[PDB]
Asker: 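Here's what I've got: fasudil, bound to cAMP-dependent protein kinase catalytic subunit alpha.
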Amino acid sequence: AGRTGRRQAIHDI
Amino acid sequence: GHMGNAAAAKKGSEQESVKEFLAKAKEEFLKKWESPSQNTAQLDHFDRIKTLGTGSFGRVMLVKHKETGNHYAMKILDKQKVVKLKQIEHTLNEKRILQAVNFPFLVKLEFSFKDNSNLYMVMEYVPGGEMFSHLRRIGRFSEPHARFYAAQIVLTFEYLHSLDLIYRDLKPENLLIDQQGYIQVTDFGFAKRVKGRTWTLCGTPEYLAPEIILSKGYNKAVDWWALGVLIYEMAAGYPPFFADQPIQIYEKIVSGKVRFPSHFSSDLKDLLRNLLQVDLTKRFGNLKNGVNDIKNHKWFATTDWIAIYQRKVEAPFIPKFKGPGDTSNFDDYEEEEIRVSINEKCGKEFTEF
Ligand SMILES: O=S(=O)(c1cccc2cnccc12)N1CCCNCC1
């Protein structure tokens with residue numbers, strides 16, 4: 001199982 | 001050897017011609033990098049039509065230029081959100097890099113400007129939608145279909161890395177399909193000019209190289225890791241390190257263990273094991289032979305690199321286009337009116353924009 005929708009970038013950790 | 005005399009000489013000459021192309025491309029880039037453009041339009045020049053996609057600092061909207069009637073994609077960033085998220089440097093990177101690069105698979109910036117509340121970047125409208133949508137709809141791409149897109153990314157990274165630019169956010173959400181079925185890379189929000197190492201923890205969890213997660217100083221090889229993730233996801237329909245929460249994703253990435261669908265060819269698995277390589281002394285794209293380890297891999301044996309660059313290869317998929325300004329290939333998003341304050345916000349932080 002995992003993320004199937006659009007994935008947002010991360011700015012830290 | 002693997003190549004006969006004729007093939008070896010042709011390949012060698014081809015690789016020397018790449019060096020000649022890249023040297024000229026660097027000269028052109030540096031001229032624009034040292035004398036950037038700014039304030040080439042204003043907000044009331046455009047009619048806002050529809051939101052095409054969203055991000056943390058704002059949105060991208062289809063706009064129509066009032067004077068010419070041409071359509072564009074306008075990225076809007078709220079200055080207050082950019083300062084709070086410590087993205088000032090990254091946003092200045094994005095605009096400066098986009099105005100200076102030139103490559104057939106990189107989206108073209110047409111105008112940029114700012115007001116009291118927002119920053120704006122106006123780009124060519126690419127009507128075919130995100131690769132992400134098409135991939136989720138179909139399930140997976142066949143290997144030749146995935147290879148056609150992968151080849152364009154390989155060439156784009158060869159170009160960018162020659163300019164000391166790292167991209168740092170490869171994923172299907174950031175790859176648009178143009179009217180000819182070719183890729184346009186968008187979203188330069190994490191792109192950076194880096195001569196050697198850089199240290200910022202940024203990117204998208206599923207696509208992060210282990211050295212980013214481990215807080216190491218890292219280099220352009222993070223983009224080649226991300227290419228491995230992209231090729232895997234295009235060919236499988238899901239990425240290689242797949243979990244509901246970022247912490248769980250990170251644990252799988254640093255373990256290095258990758259499992260492959262039974263339908264992956266052995267050539268593909270070999271390429272992916274060499275891109276998704278935790279040991280930087282062994283990762284393709286990071287070795288003495290550079291990008292040629294990728295371009296000359298068996299999985300790319302049928303790829304005519306020049307024909308891809310010239311856009312002369314028949315695309316596997318041509319998006320339906322109902323006319324200028326059609327948005328049918330994009331998903332719907334909640335719309336919010338663009339508010340412009342009477343007072344300038346964050347003026348000193350965005351002087352160079
Ligand atoms: O498709 S976008 O709206 C888009 C961005 C930049 C240029 C574009 C050009 N044409 C269409 C859509 C465009 N986009 C924004 C949301 C974040 N992921 C990247 C895609």
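Chain naming here is simple, since letters A, B, ... match the order of the sequence lines and numbering starts at 1 in each. Method reported for this entry: X-ray crystallography, 1.5 Å. Note that these values count all heavy atoms, side chains included, but never hydrogens, waters or copies made by symmetry. Whatever order the structure lists ligands and atoms in, that order sets their numbers, starting from 1.
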Asker: Which other chains sit close to fasudil (ligand 1), with any heavy atom less than 4.0 Å away?
Answerer: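 The other chains in heavy-atom contact are B.
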Asker: Which atoms of fasudil (ligand 1) sit under 4.0 Å from any heavy atom of B:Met123?
Answerer: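 Near B:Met123, the atoms of fasudil (ligand 1) are 6 (C), 7 (C).
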Asker: Okay, which residue that UniProt calls active site in chain B is closest to fasudil (ligand 1)? And the heavy-atom distance, rounded to 1 Å, please.
Answerer: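 Heavy-atom minimum to the UniProt active site of chain B: B:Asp169, 7 Å.
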Asker: If the cut-off is 4.0 Å to any non-hydrogen atom of B:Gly53, which atoms of fasudil (ligand 1) fall inside it?
Answerer: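 Atoms satisfying the 4.0 Å criterion: 3 (O), 16 (C).
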Asker: Kindly confirm or rule out an N or O of B:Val126 lying under 3.5 angstrom from an N or O of fasudil (ligand 1).
Answerer: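 So fasudil (ligand 1) has an N or O lying under 3.5 Å from an N or O of B:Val126.
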Asker: Closer than 4.0 Å to some heavy atom of B:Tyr125 - which atoms of fasudil (ligand 1) meet that?
Answerer: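 Heavy-atom distances to B:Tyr125 below 4.0 Å select 10 (N), 11 (C).
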Asker: Where, taxonomically, does chain B originate according to the PDB?
Answerer: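 In the entry, the organism is Cricetulus griseus.
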Asker: For fasudil (ligand 1), is B:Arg59 a contact, meaning one of its heavy atoms is under 4.0 Å away?
Answerer: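 It does not; every heavy atom stays at 4.0 Å or beyond.
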Asker: Could you tell me which UniProt domain of chain B does most of the contacting with fasudil (ligand 1)?
Answerer: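 Most of them lie in the UniProt domain Protein kinase.
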Asker: One residue to check: B:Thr186. Relative to fasudil (ligand 1), which of side chain, backbone, both or neither has a non-hydrogen atom less than 4.0 Å away?
Answerer: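 Under 4.0 Å from fasudil (ligand 1), B:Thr186 contributes side-chain atoms alone.
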Asker: Just jot down the fasudil (ligand 1) atoms closer than 4.0 angstrom to any heavy atom of B:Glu173, in number order.
Answerer: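 Under 4.0 Å from B:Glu173, fasudil (ligand 1) has these atoms: 18 (N), 19 (C), 20 (C).
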Asker: B:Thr54 heavy atoms, cut-off 4.0 Å: which fasudil (ligand 1) atoms fall inside?
Answerer: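 Fasudil (ligand 1) atoms under the 4.0 Å threshold to B:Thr54: 16 (C), 17 (C).
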Asker: Applying a strict 4.0 Å limit to heavy atoms, is B:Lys75 in contact with fasudil (ligand 1)?
Answerer: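 Per 4.0 Å heavy-atom rule, B:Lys75 does not contact fasudil (ligand 1).
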Asker: Find all atoms of fasudil (ligand 1) within a distance of less than 4.0 Å from any non-hydrogen atom belonging to B:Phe330, and give their numbers and elements.
Answerer: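 So the atoms of fasudil (ligand 1) that pass are 1 (O), 11 (C), 12 (C).
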Asker: Counting from 1, what fasudil (ligand 1) atoms have a heavy atom of B:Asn174 closer than 4.0 Å?
Answerer: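 Matching atoms, with element in brackets: 18 (N), 19 (C).
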Asker: Can B:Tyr72 be said to touch fasudil (ligand 1), with heavy atoms closer than 4.0 Å?
Answerer: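 No.
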Asker: Relative to the heavy atoms of B:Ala73, which atoms of fasudil (ligand 1) are at a distance of less than 4.0 Å?
Answerer: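 Answer, ordered by atom number: 7 (C), 8 (C), 9 (C), 10 (N), 13 (C).
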Asker: Which residues count as the binding site of fasudil (ligand 1) under a heavy-atom cut-off of 4.0 Å?
Answerer: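 The heavy-atom binding site is B:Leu52, B:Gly53, B:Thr54, B:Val60, B:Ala73, B:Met123, B:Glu124, B:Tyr125, B:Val126, B:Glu130, B:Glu173, B:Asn174, B:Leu176, B:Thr186, B:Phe330.
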